J.: 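Here's one more: a structure with tigecycline in it.
Protein chains get the first letters and strands the later ones, always in sequence-line order, with residue 1 at the start of each. The structure shown is a partial extract from the entry, and contact counts are restricted to the extract. Just so you know, ligand 1 is whichever comes first in the structure, and atom 1 is the first atom listed for that ligand. The figures that follow rest on heavy atoms only: side chains count, while hydrogens, waters and symmetry mates do not.
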Amino acid sequence: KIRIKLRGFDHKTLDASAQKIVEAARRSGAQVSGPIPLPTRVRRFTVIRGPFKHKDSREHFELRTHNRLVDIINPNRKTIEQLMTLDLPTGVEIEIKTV
Amino acid sequence: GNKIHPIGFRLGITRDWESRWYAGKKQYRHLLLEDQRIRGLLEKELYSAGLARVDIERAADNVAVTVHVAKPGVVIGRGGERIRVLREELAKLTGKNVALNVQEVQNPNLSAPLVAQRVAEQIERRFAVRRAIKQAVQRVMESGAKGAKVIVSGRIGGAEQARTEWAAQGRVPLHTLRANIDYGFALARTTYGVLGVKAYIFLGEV
Amino acid sequence: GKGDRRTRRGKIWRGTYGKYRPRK
Amino acid sequence: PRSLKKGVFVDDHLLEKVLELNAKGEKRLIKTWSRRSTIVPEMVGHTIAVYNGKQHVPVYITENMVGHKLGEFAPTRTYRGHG
Amino acid sequence: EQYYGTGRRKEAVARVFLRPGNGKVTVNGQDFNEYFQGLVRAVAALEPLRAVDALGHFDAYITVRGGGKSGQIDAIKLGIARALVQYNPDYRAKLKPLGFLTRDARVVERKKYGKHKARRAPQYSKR
Amino acid sequence: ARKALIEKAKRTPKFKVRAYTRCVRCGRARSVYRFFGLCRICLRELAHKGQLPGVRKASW
RNA sequence: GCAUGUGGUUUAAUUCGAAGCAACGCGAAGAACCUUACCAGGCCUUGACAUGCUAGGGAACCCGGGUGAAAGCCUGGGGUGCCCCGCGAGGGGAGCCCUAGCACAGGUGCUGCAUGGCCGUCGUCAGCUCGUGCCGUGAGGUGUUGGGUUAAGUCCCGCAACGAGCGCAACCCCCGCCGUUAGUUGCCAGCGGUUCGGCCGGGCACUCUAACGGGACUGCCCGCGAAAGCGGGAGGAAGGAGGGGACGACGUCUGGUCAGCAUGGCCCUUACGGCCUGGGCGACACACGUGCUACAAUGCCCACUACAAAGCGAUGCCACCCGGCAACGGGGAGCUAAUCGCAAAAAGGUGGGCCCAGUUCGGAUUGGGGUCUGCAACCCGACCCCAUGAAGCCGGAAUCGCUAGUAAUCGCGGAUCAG
Ligand SMILES: C[NH+](C)c1cc(NC(=O)CNC(C)(C)C)c(O)c2c1C[C@H]1C[C@H]3[C@H]([NH+](C)C)C(O)=C(C(N)=O)C(=O)[C@@]3(O)C(O)=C1C2=O
Ligand SMILES: [Mg+2]
Ligand SMILES: [Mg+2]
Ligand SMILES: [Mg+2]
Ligand SMILES: [Mg+2]
Ligand SMILES: [Mg+2]
Ligand SMILES: [Mg+2]
Ligand SMILES: [Mg+2]
Ligand SMILES: [Mg+2]
Ligand SMILES: [Mg+2]
Ligand SMILES: [Mg+2]
Ligand SMILES: [Mg+2]
Ligand SMILES: [Mg+2]
Ligand SMILES: [Mg+2]
Ligand SMILES: [Mg+2]
Ligand SMILES: [Mg+2]
Ligand SMILES: [Mg+2]
Ligand SMILES: [Mg+2]
Ligand SMILES: [Mg+2]
Ligand SMILES: [Mg+2]
Ligand SMILES: [Mg+2]
Ligand SMILES: [Mg+2]
Ligand SMILES: [Mg+2]
Ligand SMILES: [Mg+2]
Ligand SMILES: [Mg+2]
Ligand SMILES: [Mg+2]
Ligand SMILES: [Mg+2]
Ligand SMILES: [Zn+2]
């Protein structure tokens with residue numbers, strides 16, 4: 001029924017964040033298809049270590065978009081409020097779908 | 001110029017980012033631009049308070065500016081008088097929900113950037129170059145750190161011949177990832193010029 | 001050719017499409 | 001070259017000095033800094049000074065120098081040799 | 001009845017199904033040749049089968065995705081390989097010191113910075 | 001960074017073609033990532049303090 | 001031959017710096033104006049920018065004309081909020097606005113040989129040192145050396161040494177096997193239906209998908225050896241560090257840049273500072289440095305036919321539809337992106353055309369015709385179609401790279417950025 005999409009930066013909070021959520025959609029009246037690991041995306045930046053001329057010496061950075069997605073089957077009115085009284089991870093961005 | 005920055009190594013290995021958000025392609029560009037104003041004003045002023053590590057966690061247009069600092073009552077004033085002057089001067093720059101806290105630097109020798117500063121100060125202060133750096137380190141294995149090291153690095157003492165100096169002690173092992181070490185870049189200013197300074201401290205293997 | 005424009009691979013090389021490289 | 005789906009191109013301030021001195025059956029030397037513009041058949045027989053860096057250059061406009069832009073008749077640099 | 005093996009090699013993955021019967025091979029629907037045409041390493045994929053006497057003993061249902069047909073054929077082969085220990089955990093004796101049970105741990109190394117293609121560097125006269 | 005030349009790129013221009021970015025942090029528009037509004041010198045310099053979230057140091 | 005830097009010349013200027021390897025497709029991960037420091041013109045003077053001071057007027061502000069290459073300047077009008085006092089006209093105030101003056105702003109002016117920082121490098125080479133002691137009157141030595149071993153100062157044995165600090169190494173990531181949690185937008189082995197398309201029911205088996213763990217230790221065996229180690233094998237997905245990455249010790253070259261930024265100092269501040277349109281970094285008797293495509297039969301070409309990984313995209317990616325030989329234009333469905341799209345992978349495969357030719361090789365340089373981005377393609381762009389079809393039949397002396405999924409060869413992608 002109601003689907004969530006977590007898009008963050010860690011692999012830590014993003015797993016933590018989504019496993020607090022995964023407990024109060026079991027106790028509160030819902031069967032659930034578990035925590036879902038998704039097609040992470042990488043944006044990398046290759047850059048000249050040097051101020052000036054020394055080109056062929058280069059540094060490497062990767063910004064890792066981490067995608068999580070959990071499905072709630074049978075969403076109660078014992079539920080929906082239990083997950084707006086669970087909200088607490090800091091670097092995460094949550095979103096809420098429903099078809 | 002051969003080696004690498006210690007912090008920027010343990011990026012989520014034995015350290016952590018100061019600004020800890022999320023962001024889209026639209027937002028990250030502007031959103032961050034903001035933090036570098038937040039951290040330009042915040043710094044420029046708070047100097048003689050001894051400011052250390054500046055967190056800026058973020059939710060839906062709620063900024064969360066924490067602040068570690070040597071001396072929490074030069075951030076404060078008397079009562080709660082001067083902290084308010086700023087707490088809005090930031091929402092004056094953001095245009096939103098500045099939650100500007102305070103957190104004391106408990107032990108001050110056991111946090112690098114401070115250590116760096118007081119020395120870079122002491123150089124601005126026209127002190128004994130060597131002894132500055134010796135006692136610098138001294139206090140660090142006196143407060144109880146695993147390793148110490150300070151790198152004075154200018155035209156030193158007023159000389160026309162640019163050199164460099166230093167000393168240290170204990171474990172300094174920056175090739176062990178699993179060793180937590182804090183870097184302190186300072187940057188004294190004296191009549192003859194500008195004399196960057198460094199300071200590394202080991203606390204422990206994890 | 002490959003530096004040749006009016007051909008099979010020579011388009012592909014440039015990246016382009018033309019009468020000599022279709023869109024199916 | 002220039003899209004036909006979007007017709008020819010000329011700068012306004014320059015065309016202004018042309019079809020006012022056309023509409024008064026006179027001819028004078030014009031001084032403008034556009035080169036970026038396409039000469040048109042309603043300028044033929046005009047004395048037009050175009051600029052290269054420092055100098056306004058003598059370019060009296062005849063017939064079959066039609067659709068070519070202005071800057072083709074006003075060399076930009078100086079090359080005679082190396083010694 | 002079906003015996004299955006896990007076949008993998010160099011950014012290409014292959015799935016094997018061993019039923020008792022003929023020696024027809026369907027790889028993504030198509031016959032063994034209508035997918036591995038004028039290509040010679042082709043018929044080599046079956047090697048791990050013929051060192052125990054069974055080409056004509058079993059059928060072959062196949063699926064592959066990724067890599068090129070060589071890197072698939074190595075995986076196909078490594079699939080018929082693994083597949084035979086699920087039938088005979090005694091065939092293991094015959095096809096290891098014969099070498100057919102191993103992930104070719106070989107891999108297209110990373111392109112490096114400063115080096116045209118990882119290992120290759122730039123030419124320079126006037127040294 | 002000629003001071004006034006951060007400003008010839010701050011304000012909006014005569015025509016939209018002249019829209020070249022620059023660094024917020026130093027004013028070198030020579031190699032700038034329109035995702036950081038920053039250049040390569042900066043991006044490291046900063047990334048080396050962890051002041052850009054999620055910006056890890058890469059390796060594979 | 002063309003592409004790109006560079007030397008030298010030329011130039012109103014062709015702005016700067018890089019200098020044997022370790023400058024030369026390097027600062028430029030995007031010079032038509034912009035960038036832009038350069039040159040020629042038209043200009044601005046508390047200045048495009050800061051925190052202000054004093055005198056006098058002004059709410060801020062917003063609309064139009066004139067002259068003009070644009071800037072710039074002369075000028076018409078709309079507007080008269082906020083704070084305090086007051087019944088009131090209206091004075092005082094904060095902001096900001098203009099004129100004059102002053103603080104001063106600003107400079108990609110100089111010096112990298114006055115610095116910061118960061119980079120290159122000898123060099124991922126196995127080295128560099130200190131403590132206490134020992135030994136010399138001492139500088140100093142010993143340790144670290146010798147023999148064995150190691151990718152190593154790795155380690156074993158010896159020694160007047162014993163240990164530690166910075167290096168080696170491990171802890172981090174990638175790839176290789178496998179297990180735990182997981183079944184969407186991915187997946188289809190069995191069963192049901194099937195518009196034959198994993199299309200639908202159903203399932204999450206396996207592939208994949210990211211997070212955490214397991215596993216390799218000279219452990220086992222014969223041999224060699226005081227030992228460390230070494231050689232061959234058994235098991236294992238992996239064997240002696242399994243492959244790859246990040247990771248650069250005390251120091252040197254007064255190596256690099258005041259041109260990202262930072263700053264001592266010398267230097268201008270109605271001018272090097274500032275704004276502007278145009279011109280220039282692309283000029284061309286040459287020379288080097290880097291690469292692209294060739295000179296072709298293991299090939300060129302036209303069809304039909306398969307198999308990828310990685311990344312980007314709601315100010316964009318653009319399935320199809322129509323027009324055009326085509327670039328592309330018009331219309332328009334989907335996609336915050338495992339769901340939609342760039343997307344054609346290409347060498348390979350099937351089938352056929354060429355038959356040693358300056359050639360159906362080769363694809364320069366030209367003539368003309370168009371499309372697109374853009375205020376604007378003459379300097380000075382890319383792409384389409386037609387016609388032009390140059391040099392070159394594998395390259396002097398010299399010289400470069402690579403030890404395995406490497407070298408070669410073939411395609412895809414991203415950053416920068418309208419193009
Ligand atoms: C010419 N000499 C007298 C010189 C002078 C100065 N500086 C001064 O004279 C400035 N003195 C003041 C303080 C202004 C009075 C100098 O500053 C220098 C040099 C030497 C150069 C040599 C350079 C050389 N190459 C690249 C041209 C070179 O091969 C090396 C090298 N060792 O590889 C260099 O070191 C060199 O680049 C260099 O650094 C020099 C100077 O710095
Ligand atoms: Mg041809
Ligand atoms: Mg390859
Ligand atoms: Mg190179
Ligand atoms: Mg400056
Ligand atoms: Mg631009
Ligand atoms: Mg200079
Ligand atoms: Mg220009
Ligand atoms: Mg130097
Ligand atoms: Mg120099
Ligand atoms: Mg020098
Ligand atoms: Mg080594
Ligand atoms: Mg003695
Ligand atoms: Mg010993
Ligand atoms: Mg030694
Ligand atoms: Mg000795
Ligand atoms: Mg050791
Ligand atoms: Mg389903
Ligand atoms: Mg069926
Ligand atoms: Mg290491
Ligand atoms: Mg040199
Ligand atoms: Mg250039
Ligand atoms: Mg059509
Ligand atoms: Mg179209
Ligand atoms: Mg021939
Ligand atoms: Mg080798
Ligand atoms: Mg490409
Ligand atoms: Zn920058």
J.: Name each chain or ligand corresponding to tigecycline, including duplicates.
T.: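 It corresponds to ligand 1.
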J.: Please name the chain that forms the largest contact set with tigecycline (ligand 1), as given in the PDB entry.
T.: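 The largest contact count goes to 16S ribosomal RNA.
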J.: Identify the other chains in heavy-atom contact with tigecycline (ligand 1) at a 4.0 Å cut-off.
T.: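 Going by non-hydrogen atoms, G.
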J.: If you take every non-hydrogen atom within 4.0 Å of tigecycline (ligand 1), which residues does that pick out?
T.: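 Within 4.0 Å on heavy atoms: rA19(G), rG20(G), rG112(G), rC113(G), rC253(G), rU254(G), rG255(G), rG256(G).
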J.: Any idea which other ligands or ions come under 4.0 Å from tigecycline (ligand 1)?
T.: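 Closer than 4.0 Å: ligand 11 (magnesium ion), ligand 21 (magnesium ion).
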J.: What does the PDB entry report as the organism for RNA chain G?
T.: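 The entry gives Thermus thermophilus HB8.
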